[PDB]
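Structure showing piclidenoson engaged by Site-specific DNA-methyltransferase (adenine-specific).
In what follows, chains are A, B, ... by sequence order, proteins preceding strands, each numbered from 1. One-based numbering, in listed order, for ligands and for the atoms of each. Basis for what follows: all heavy atoms, side chains included, without hydrogens, waters or symmetry-related copies.
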Amino acid sequence: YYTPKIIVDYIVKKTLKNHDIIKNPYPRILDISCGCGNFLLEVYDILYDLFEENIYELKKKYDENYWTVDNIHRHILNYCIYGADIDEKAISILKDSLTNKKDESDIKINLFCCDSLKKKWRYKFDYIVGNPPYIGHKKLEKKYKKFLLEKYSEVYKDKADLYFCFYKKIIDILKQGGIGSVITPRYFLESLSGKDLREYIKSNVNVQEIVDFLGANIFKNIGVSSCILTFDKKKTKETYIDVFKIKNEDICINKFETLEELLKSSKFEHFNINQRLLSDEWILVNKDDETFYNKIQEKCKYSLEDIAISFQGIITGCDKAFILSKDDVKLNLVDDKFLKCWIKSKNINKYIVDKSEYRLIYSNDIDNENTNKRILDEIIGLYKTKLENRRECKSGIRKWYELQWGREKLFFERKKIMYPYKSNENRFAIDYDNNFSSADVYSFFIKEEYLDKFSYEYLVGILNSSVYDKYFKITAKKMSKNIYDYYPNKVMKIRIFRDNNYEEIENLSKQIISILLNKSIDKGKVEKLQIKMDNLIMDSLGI
DNA sequence: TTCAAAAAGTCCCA
DNA sequence: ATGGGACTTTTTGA
Ligand SMILES: CNC(=O)[C@H]1O[C@@H](n2cnc3c(NCc4cccc(I)c4)ncnc32)[C@H](O)[C@@H]1O
Ligand SMILES: [K+]
Ligand SMILES: [K+]
């Protein structure tokens with residue numbers, strides 16, 4: 001995963017541009033996932049320029065025979081550059097690349113082929129740079145995950161990622177007054193799994209700068225969203241973070257010769273965040289958005305979690321075995337008591353759901369194999385081998401033809417609100433048709449004790465408003481270009497209000513629902529009603 | 001027993 | 001061929 005050169009140079013310049021080579025001519029620069037040496041080779045070039053530009057000052061202050069230009073190459077490799085990686089071939093290539101920068105006496109190069117997370121590191125380091133590996137909870141082998149849970153528990157639990165541990169290792173082995181700069185996924189900035197990691201970073205290092213690329217495609221043909229984190233262990237009372245957040249995700253990364261030109265430009269916005277004021281959540285927004293977010297939080301007395309019951313959709317474990325088109329002839333084998341309406345995330349619009357085109361065979365209600373042999377033999381059994389490889393089938397908890405996570409039917413077969421799990425905008429709809437769905441659609445229904453305060457029509461009105469689209473996206477988890485995570489761990493934290501505008505907001509919502517359900521939809525008037533509703537909500541929240 | 005999180009997403013076309 | 005757009009499964013720890 002080759003890191004773009006402009007970012008590599010920026011990271012190295014970040015850690016080394018103001019190093020006092022005269023005061024300390026023995027800086028230790030480390031990359032614990034160096035690979036072929038994208039960062040370390042640049043570190044060599046930056047160090048070599050630094051030594052040659054101060055070669056005569058060094059010669060005068062120290063051993064004058066040791067400090068010559070001819071001796072710079074040797075000194076850098078013996079005492080300055082350190083790298084670690086698990087790939088033997090990459091280390092071998094990097095060793096040759098460092099050697100080719102210039103046998104006399106066989107210089108030794110501090111490159112280790114090892115697990116960076118298991119190595120007994122004999123000393124701390126002045127500067128650490130690089131791009132660690134990212135491995136999620138699905139693609140990480142179970143034997144290694146037990147080690148991470150037992151030894152890296154301060155940052156790695158549950159659905160945490162591998163690069164959390166590289167953050168902990170880098171922070172642990174950084175010298176006092178040292179500087180670290182890495183490029184990692186951005187998701188830990190907001191994700192629920194990153195809470196322990198954020199607590200660790202906040203209370204161990206001073207975060208100098210965060211570069212957030214949002215959904216920009218930094219790595220070509222890689223579906224990941226990146227950020228650059230720069231931190232130090234310097235004694236300072238400032239504790240203020242420079243945040244450079246991109247404004248246009250469509251931009252290409254090579255607009256200028258250097259990254260810092262892009263950051264200072266009109267493609268990025270800059271603002272400051274007080275690190276001491278960071279809660280367990282990192283709300284990195286400008287003053288206008290902070291005021292906007294704080295107004296809504298203070299004005300709203302209730303949250304969605306207070307008034308609603310949230311649940312994830314069906315997880316069959318093999319969709320091809322249980323989901324059929326409503327026009328599929330094989331449904332003539334299945335009694336209608338077994339069939340449920342099935343929708344995908346794209347079927348969720350604002351305020352209403354598209355008509356179902358798929359049916360779910362709720363195979364849990366099938367009592368035994370002998371009574372409905374045709375359904376099992378001709379429909380579900382076509383994927384029996386894959387069905388039996390599901391975890392709950394291996395342990396015997398689930399029968400091979402049963403849904404892996406069937407949930408409760410009564411939760412779905414009722415009036416409820418559904419929203420897609422990943423979307424570019426708020427899309428909350430009222431479901432009237434007892435729709436079932438997979439985990440790409442989340443549902444909630446209102447608690448009985450809050451039905452006389454909040455109706456479904458009022459909720460979809462304010463939740464689909466432009467005010468709440470901006471409001472939710474302030475702290476939402478940015479996944480990829482024009483995609484946010486609409487998950488209960490943040491959707492249920494949305495705060496809602498009840499005031500003098502309740503009735504008209506609800507009435508406008510009913511009008512929109514009435515038009516959206518017509519045969520000849522005058523979608524233009526829906527937009528006009530939405531604008532009027534947004535004005536009511538902004539009036540209610542005083543913004 | 002059984003909840004919900006997780007993009008080095010995935011797949012496609014031009 | 002690559003880059004950009006539409007769309008989103010089930011494995012997994014707790
Ligand atoms: C996306 N970028 C990479 O994967 C690079 O990082 C190196 N890289 C991976 N993982 C490493 C590690 N520890 C974790 C580890 C080790 C062994 C098995 C397992 I599963 C996990 N330590 C040291 N370099 C490690 C790789 O060799 C590439 O150059
Ligand atoms: K001298
Ligand atoms: K991206």
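- Mapped onto the model, all copies of piclidenoson cover ligand 1.
- For piclidenoson, the other chains with a heavy atom below 4.0 Å are labelled A, B.
- The entry lists DNA chain B as DNA Strand 1.
- The deposit credits the origin of chain A to Clostridioides difficile 630.
- Counting heavy atoms under 4.0 Å, the binding site of piclidenoson comprises A:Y1, A:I32, A:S33, A:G35, A:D85, A:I86, A:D87, A:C114, A:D115, A:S116, A:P133, A:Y144, A:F166, B:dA8.
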